[PDB]
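Here is the structure we will look at.
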There are 2 protein chains.
Amino acid sequence: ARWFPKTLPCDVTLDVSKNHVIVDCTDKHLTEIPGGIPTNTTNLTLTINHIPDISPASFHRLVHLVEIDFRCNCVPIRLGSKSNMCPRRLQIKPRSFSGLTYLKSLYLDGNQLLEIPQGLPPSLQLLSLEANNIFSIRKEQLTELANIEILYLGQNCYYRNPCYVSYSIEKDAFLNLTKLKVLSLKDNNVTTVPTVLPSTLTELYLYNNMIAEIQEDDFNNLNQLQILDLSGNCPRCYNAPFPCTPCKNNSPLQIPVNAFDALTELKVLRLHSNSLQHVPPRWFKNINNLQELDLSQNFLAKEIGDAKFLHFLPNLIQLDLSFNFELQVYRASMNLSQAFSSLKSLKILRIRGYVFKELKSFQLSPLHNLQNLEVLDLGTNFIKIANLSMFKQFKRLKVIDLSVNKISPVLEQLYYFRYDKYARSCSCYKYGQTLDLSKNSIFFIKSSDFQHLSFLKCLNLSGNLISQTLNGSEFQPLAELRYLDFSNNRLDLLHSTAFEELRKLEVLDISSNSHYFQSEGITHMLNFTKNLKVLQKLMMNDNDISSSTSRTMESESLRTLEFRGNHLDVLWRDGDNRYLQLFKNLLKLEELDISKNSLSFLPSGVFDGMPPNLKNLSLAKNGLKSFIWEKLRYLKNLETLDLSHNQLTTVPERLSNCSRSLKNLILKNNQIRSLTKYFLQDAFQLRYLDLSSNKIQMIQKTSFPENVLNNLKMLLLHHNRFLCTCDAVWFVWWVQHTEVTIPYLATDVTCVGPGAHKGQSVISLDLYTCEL
Amino acid sequence: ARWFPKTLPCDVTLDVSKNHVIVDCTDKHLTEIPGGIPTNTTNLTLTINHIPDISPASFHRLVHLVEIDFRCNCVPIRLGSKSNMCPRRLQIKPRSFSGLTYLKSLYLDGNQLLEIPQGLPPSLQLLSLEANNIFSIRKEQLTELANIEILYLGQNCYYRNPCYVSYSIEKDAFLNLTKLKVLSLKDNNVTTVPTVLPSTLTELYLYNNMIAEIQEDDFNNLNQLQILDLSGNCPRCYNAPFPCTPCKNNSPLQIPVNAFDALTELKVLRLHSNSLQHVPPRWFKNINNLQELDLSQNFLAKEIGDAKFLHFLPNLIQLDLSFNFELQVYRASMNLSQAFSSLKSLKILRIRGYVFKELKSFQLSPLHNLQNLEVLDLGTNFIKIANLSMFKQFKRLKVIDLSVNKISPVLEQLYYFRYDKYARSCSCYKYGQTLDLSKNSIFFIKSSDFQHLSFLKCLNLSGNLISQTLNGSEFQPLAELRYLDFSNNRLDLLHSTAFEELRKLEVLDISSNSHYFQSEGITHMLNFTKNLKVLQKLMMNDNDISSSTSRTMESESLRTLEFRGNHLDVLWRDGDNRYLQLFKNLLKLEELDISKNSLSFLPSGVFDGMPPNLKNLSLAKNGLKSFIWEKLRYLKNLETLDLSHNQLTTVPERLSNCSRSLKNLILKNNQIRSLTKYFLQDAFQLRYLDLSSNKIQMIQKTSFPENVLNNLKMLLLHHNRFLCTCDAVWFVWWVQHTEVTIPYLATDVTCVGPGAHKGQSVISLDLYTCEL
Ligand SMILES: CCCCOc1nc(N)c2c(n1)N(Cc1cccc(CN3CCCC3)c1)CC(=O)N2
Ligand SMILES: CCCCOc1nc(N)c2c(n1)N(Cc1cccc(CN3CCCC3)c1)CC(=O)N2
Ligand SMILES: *[C@@H]1O[C@H](CO)[C@@H](O[C@@H]2O[C@H](CO)[C@@H](O)[C@H](O)[C@H]2NC(C)=O)[C@H](O)[C@H]1NC(C)=O
Ligand SMILES: *[C@@H]1O[C@H](CO)[C@@H](O[C@@H]2O[C@H](CO)[C@@H](O)[C@H](O)[C@H]2NC(C)=O)[C@H](O)[C@H]1NC(C)=O
Ligand SMILES: *[C@@H]1O[C@H](CO)[C@@H](O)[C@H](O)[C@H]1NC(C)=O
Ligand SMILES: *[C@@H]1O[C@H](CO)[C@@H](O)[C@H](O)[C@H]1NC(C)=O
Ligand SMILES: *[C@@H]1O[C@H](CO)[C@@H](O)[C@H](O)[C@H]1NC(C)=O
Ligand SMILES: *[C@@H]1O[C@H](CO)[C@@H](O)[C@H](O)[C@H]1NC(C)=O
Ligand SMILES: *[C@@H]1O[C@H](CO)[C@@H](O)[C@H](O)[C@H]1NC(C)=O
Ligand SMILES: *[C@@H]1O[C@H](CO)[C@@H](O)[C@H](O)[C@H]1NC(C)=O
Ligand SMILES: *[C@@H]1O[C@H](CO)[C@@H](O)[C@H](O)[C@H]1NC(C)=O
Ligand SMILES: *[C@@H]1O[C@H](CO)[C@@H](O)[C@H](O)[C@H]1NC(C)=O
Ligand SMILES: *[C@@H]1O[C@H](CO)[C@@H](O)[C@H](O)[C@H]1NC(C)=O
Ligand SMILES: *[C@@H]1O[C@H](CO)[C@@H](O)[C@H](O)[C@H]1NC(C)=O
Ligand SMILES: *[C@@H]1O[C@H](CO)[C@@H](O)[C@H](O)[C@H]1NC(C)=O
Ligand SMILES: *[C@@H]1O[C@H](CO)[C@@H](O)[C@H](O)[C@H]1NC(C)=O
């Protein structure tokens, strides 16, 4: 097909519209810029390599470069690999960028640079220098950046990349950058707000620094500023998972009451972890367009009961007052000021970590007529008592979050306490109203616990203590529930009527409920599915199921069953036929996951026992040592077969004689050492074949006919044990000249022998001596 | 040293007493009996190989054979490997055994034999034929066995190995085996007790068969019988994990009241799973010596409340009445007959699976004066209520077992429900009185829950629901407790006074209490250890610990800390020094397990931070990609270093220059491709080195000086990538002639190249062409 095999170890994509030729060499274990990069290349990415310097030669020919991403070719010691440390900082010779007359974006993050690289072209709008060793900014070094719009200078002086002195910025260093819109000086040991900043700024990031005081003039001219982040100046250090130095005398970040008066466009104000004890209403007199306010991680517990400043925030969309609790206090209740009722535009209110024992209905009354409220987050509060019926007054809300409490009858999980949540490195809400009770202390449930909550569409009970023999009487109010997460409980399936009161239930997760499955002699009614007549998806992973009182599960609605992490191996013990139809009467089942079931073999009858419409079958992670491929004939709708991570040593003699429907065959991470002579012959339906991470030496055209190979959307071959003799001449020619997508040709499709060619990439192999 | 390298692929042992030459070829992937077996061999084991036949050649030279163990060279299809099925039943040619005049024991189990092998010598005392296909016993085929004493014939006809007919035994088949003491016909589809059996029998196993009736004379002459097992005839089939057919009308096994009259010597009577509804006192009128009685898995719930037969069993040591509940009855209480008080010698009483809601003190009153009672097993009863103080009247007991119940304020776990618990295939009790409350529904504890139980030495609270912030007030009565198992709960370490009331605690297990360690911002006091002044061993595995409020753990007593399965990688994030002395002040710590902590590297300061007497360090399973060996100099008492299952690529240049104390170095399952030139030079302390499962090609004599090798107790080298060229000539010679124990030379110390010698064992290698 192809006339010229691409030997460049980089992905090349054309977007003809934009006008972009994209060359991506991310993580290609390079020590030089590869030769032969297309001269029309507009976007060149060299992230995560070990290229020790940049020079005039680097980009000589590439004069139509609009973006260079050269990040993390020498990342700071404590941020980088300890097994492959960078020996010596990136070296940028004079001249390296001045020729790139069209250069618009330059990323040099994480290269241990000591200075702002000079000689940059006047086309540059974005320059990024995060995680280098530049901790003194001089106006003379910024004159080259006349037209710069976005300047990232952060993470150059902080605990994971220390500079051991205070950051230094010359007076007015940035003022003549008359188009600068975004300046980030985060994580830099900065001690004062630099002045004067250009009035064109829209985004200013000064968080995680050592700024002890804001001067009243600091933001005087910033009448276009939309985002201001001063978080982490005078941090609140309790249970911080990074080294944390508070301001002395337990001072807050000192902010004069008129400090924001010029910020008439401000939309985002972030004051997280500033040790604030009060927030004066005067701050917000001239900020009427403010939409997002973050006051988490201060000392504002008392202020929350007063909060006069809220009267000045009628357009506020999101408010975060999380983790303002007083150390060593376990409040009886939450005192919300009535001033909360002035937040008529509020959609998201987060008050994690206030820390109180009992939530009462009236305590939430200031929120009753907030008609746009979508999310109420009272997580991580150690609440012991809450009558869930109080949320009958919150039908309009999308999410009510009571997660991580101690009640008894999405944000990345390290969110409020990580150092820099925006650090750049080298779910059932969609069903409707959601009550999240996950990780609480609920040991017993009864119908009245859910009185007045029939509007609920998703209930999350994951990670509670529920241990009772559910009999269809526990969720009677929840007539609209579509999704129940019951994972990480101790479900006892004594009654096959469990969950039957949830007549609209579409998704049920009872994964990680193994407790009562682990003890012999206990009744388990796995046929409880029969009563749920709109159930689509059932998850019962990691339940350690090795016994069942019922011989069959039944449903006319289920399409998806996850049954991973169980013991079908003992249920299907050789010589016991009783459970071989366990899934047969799930008549509409399309996807079955029975990975991780210790199935070292499949007894005969397993495939005959599958329900008739099975599309997606996983048998991964089973230690399967053998597989009668012909039995796939029973699976007449089989489309995806996942046999990854097993011990298989052979493929079928003729795949077409095993399944006429099979489209996607995943055989990665097995022990296959050779293919059968006619393996893929006439398997015209095959579209995806993964044989990576096996031990294949040879592939001949008889096993891999071109009439089948050319229809494949993807063919995975990497990490095998290819022998590159003259017997491999067809295989080597084909991979070099095929348009079928094969990943990791640059990385991991290599000869292991013979001697000469060991370790060499198959794509670069010259086998001319075989035709001499 | 050795003049003749041992090439036989079998372990050879001398017992001089003796008179034994033991050759063990278990699981050596043999297809023939290997040549060169010592002529003096007395015990020859060939179990689990694929030797297709036996002939007079097999054992020709071996005329001092006292035992042949030839098990499982052709296991029945459903009991054996599906990846290596046996093609053809074992073939025993004539005369193969008649020559072995001293043969006393012959095991031919699991070979698919169709008939009892003939021509066996008259010395034979033990013949074992389990799991073959012999299901018709003819007196003519037994005449060869005149002197036989032990005869195993079971598992020849049952669901895992069917014969599709009833077992057949000719009348008097065994009568003339006048020295037969042990006859086993279990798992055989037998329909009647064979008669007449020889009066010399001491043990008769007829369990798991189809015997519906015992005739009153079936055991008439067995006046020497000591063990009788009739279990699994008319089985009780509820929740059976094997195919189970009951007797029709669910009759019990019918046993005449005088059936045991001749059995005056009976010590063990097993009547498990016989669907008994009554046990007539008249059964035991002439059985005065009975010590063990198993009546589990019958229908004796009512009988337990009456039980007149117990008055006839004053010497009974063990009684098992487990799993006698009435189906689908949930009794309020346990009705134990007063007759239990006559069991004057009883030490073990097991009544699992009676199934009742409430245990009260007076219900155990029939046991108050059983002065020899040592264990009371009331597990798996679904008990909801029990005042634990009632056990103040059972201080003499060694174990009180309430495991697997529903209380709220060792037997292999497939024990009562396994088909054949004695099937042959091819803990804190030692601390004193134990109350086992594991796997219950205890969500809250207070001191009064343990009133009057101060005698307890071990409490098992594993797998409950305990979620509270322990503060030293929960276990106050337990003044003698030496061992607390608190694993699989939800420990909340808000207070560092947790557990301090247990002043005699020597072992604390708080493993798998990860729940509150998985949510950010929560207080965790890992320094609670300071208060436990005799704590020796602390297990906190799998707690997912990634954050801690205390920077240091402290103890003057702790010897052993298990900290596996946590996140020291994030606690020790590079650039965060705060936790680098977390373990330093555990001043007597000798053993530290910090495997499975995702430590792909160790930040500097980890070794300096270890406590001074650390002897045994595990860093296994961490993904370690690098290791500064010199840092071991800080660990001046280090004796064992376990780095198994990591990604290490190098060993230190000179181990002795890194650690003068190190005795045991485990490096198995790494990526090591070569040893340093002088690796072991002068490591006079080294006694144990494991380099197995790496990628070593070559080992030169400089790396392995013989003054060091000769002190090694063991050196593990198997599963590497040895190159057997003339450069390997020293290593090959050394391996062949050394006395150092190296395991698996027969199995897995092999050449991977060059071509000629691929797959060949190094021990068998002739490299004479290298000296031509
Ligand atoms: C030892 C095997 C006993 C039978 O199996 C079994 N399995 C379980 N999961 C459980 C269980 N019993 N029981 C005991 C039990 C036994 C029979 C009938 C009933 C229910 N009736 C209807 C109303 C009250 C009585 C409960 C309690 C439990 O929570 N769970
Ligand atoms: C958001 C973090 C809150 C602080 O941390 C924290 N961690 C825990 N594990 C828990 C916890 N609080 N609390 C709240 C809390 C906080 C401070 C003091 C006290 C108890 N005092 C003793 C005498 C008067 C009150 C309780 C309850 C709990 O069970 N557990
Ligand atoms: C931030 O700046 C401070 C100084 O303002 C740095 O602290 C100094 O560090 C050196 C050596 O570590 C000490 O000798 C000085 O006494 C320190 N001064 C103070 C005021 O502490 C600090 O290291 C800088 N932070 C980072 C991450 O580099
Ligand atoms: C135990 O013996 C019974 C009969 O004594 C066997 O049952 C017969 O099995 C054959 C073949 O499956 C059937 O055609 C007969 O109808 C059965 N007879 C009766 C009376 O049921 C049984 O197969 C044997 N069990 C094993 C494990 O081999
Ligand atoms: C190419 O560069 C331009 C300018 O920096 C950018 O807008 C575009 O997204 C880039 N395309 C990539 C990186 O694929
Ligand atoms: C919870 O509140 C409802 C009112 O919505 C009330 O009817 C119910 O009794 C309350 N439950 C408890 C336990 O107080
Ligand atoms: C329920 O909560 C758990 C625990 O916080 C979370 O991981 C899971 O995604 C939630 N389930 C759904 C369906 O949102
Ligand atoms: C489920 O299990 C058995 C039949 O398999 C039966 O006793 C029980 O009534 C069944 N219940 C349902 C709802 O199918
Ligand atoms: C050797 O055989 C005799 C007789 O069968 C037996 O008693 C002895 O235990 C055997 N020894 C070993 C080590 O197998
Ligand atoms: C116990 O049961 C036996 C027989 O079922 C009966 O004789 C006796 O009265 C019962 N006692 C109690 C206390 O239930
Ligand atoms: C438990 O029994 C003890 C007597 O041993 C008694 O003092 C105590 O009151 C009982 N506790 C309960 C909760 O009944
Ligand atoms: C406690 O009981 C569990 C079973 O529930 C067992 O796994 C564990 O070993 C026991 N602990 C001790 C110390 O015996
Ligand atoms: C420990 O907790 C109990 C109740 O949980 C409380 O009564 C007691 O005062 C606490 N102990 C101390 C020393 O505060
Ligand atoms: C544990 O550490 C805390 C400080 O983090 C301290 O207040 C407490 O008293 C310490 N407890 C012990 C037993 O050392
Ligand atoms: C070292 O501790 C491990 C537990 O990780 C133990 O299994 C091993 O036997 C110990 N080794 C020595 C030599 O004490
Ligand atoms: C390591 O070897 C050098 C040179 O022989 C020696 O000076 C040094 O003291 C040694 N270190 C240790 C810890 O033995």
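Going down the sequence lines, the chains are called A, B, C, and so on. Chain A is numbered as in the PDB entry; shown residues: 27-435, 459-475, 490-835, in order. Residues displayed in chain B correspond, in order, to the PDB entry positions 27-435, 459-475, 490-835. Just follow the structure's listing: the first ligand is 1, and inside any ligand the first atom is 1. If you check the header, you will see the structure was determined by X-ray crystallography, 2.4 Å. Values below: every heavy atom of this structure, side chains too, minus hydrogens, waters and symmetry copies.
- The option from ACT-709478, LY2886721, GS-9620, S-bicalutamide, CB-5083 that is found at ligand 2 is GS-9620.
- The chain with the most heavy-atom contacts to GS-9620 (ligand 2) in this structure is named in the PDB entry as Toll-like receptor 7.
- The letters of other chains with a heavy atom under 4.0 Å from GS-9620 (ligand 2) are A, B.
- Of the protein's non-hydrogen atoms, the one nearest atom 20 (C) of GS-9620 (ligand 2) is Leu557(B) CD2, 4.3 Å.
- Source organism (PDB entry) for chain A: Macaca mulatta.
- Closest heavy-atom approach to atom 25 (C) of GS-9620 (ligand 2) within the set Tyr356(A), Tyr579(B), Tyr380(A): this belongs to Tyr356(A).
- Comparing heavy-atom distances from atom 22 (C) of GS-9620 (ligand 2) across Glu352(A), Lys410(A), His558(B) singles out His558(B) as nearest.
- The contact set between GS-9620 (ligand 2) and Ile585(B), taken as ligand atoms under 4.0 Å from a residue heavy atom, comprises 7 (N), 8 (C), 9 (N).
- For GS-9620 (ligand 2) and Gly584(B), the ligand atoms under 4.0 Å from any heavy atom of the residue are 1 (C), 2 (C).
- Closest protein heavy atom to atom 24 (C) of GS-9620 (ligand 2): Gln354(A) O, 4.8 Å.
- Of the listed residues (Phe408(A), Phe382(A), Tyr264(A)), the one carrying the non-hydrogen atom nearest atom 13 (N) of GS-9620 (ligand 2) is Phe408(A).
- Within the set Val355(A), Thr532(B), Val381(A), the minimum heavy-atom distance to atom 29 (O) of GS-9620 (ligand 2) is found for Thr532(B).
- For a threshold of 3.5 Å applied to N or O pairs, the pair formed by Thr586(B) and GS-9620 (ligand 2) contains at least one separation below that value.
- The presence of a protein heavy atom under 4.0 Å from atom 5 (O) of GS-9620 (ligand 2) is confirmed.
- Contact annotation for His587(B) and GS-9620 (ligand 2): no heavy atom of the residue comes within less than 4.0 Å of the ligand.
- Distance check for atom 11 (C) of GS-9620 (ligand 2): a protein heavy atom is found below 4.0 Å.
- Of the N or O atoms in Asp555(B), one or more lie within a sub-3.5 Å distance of an N or O in GS-9620 (ligand 2).
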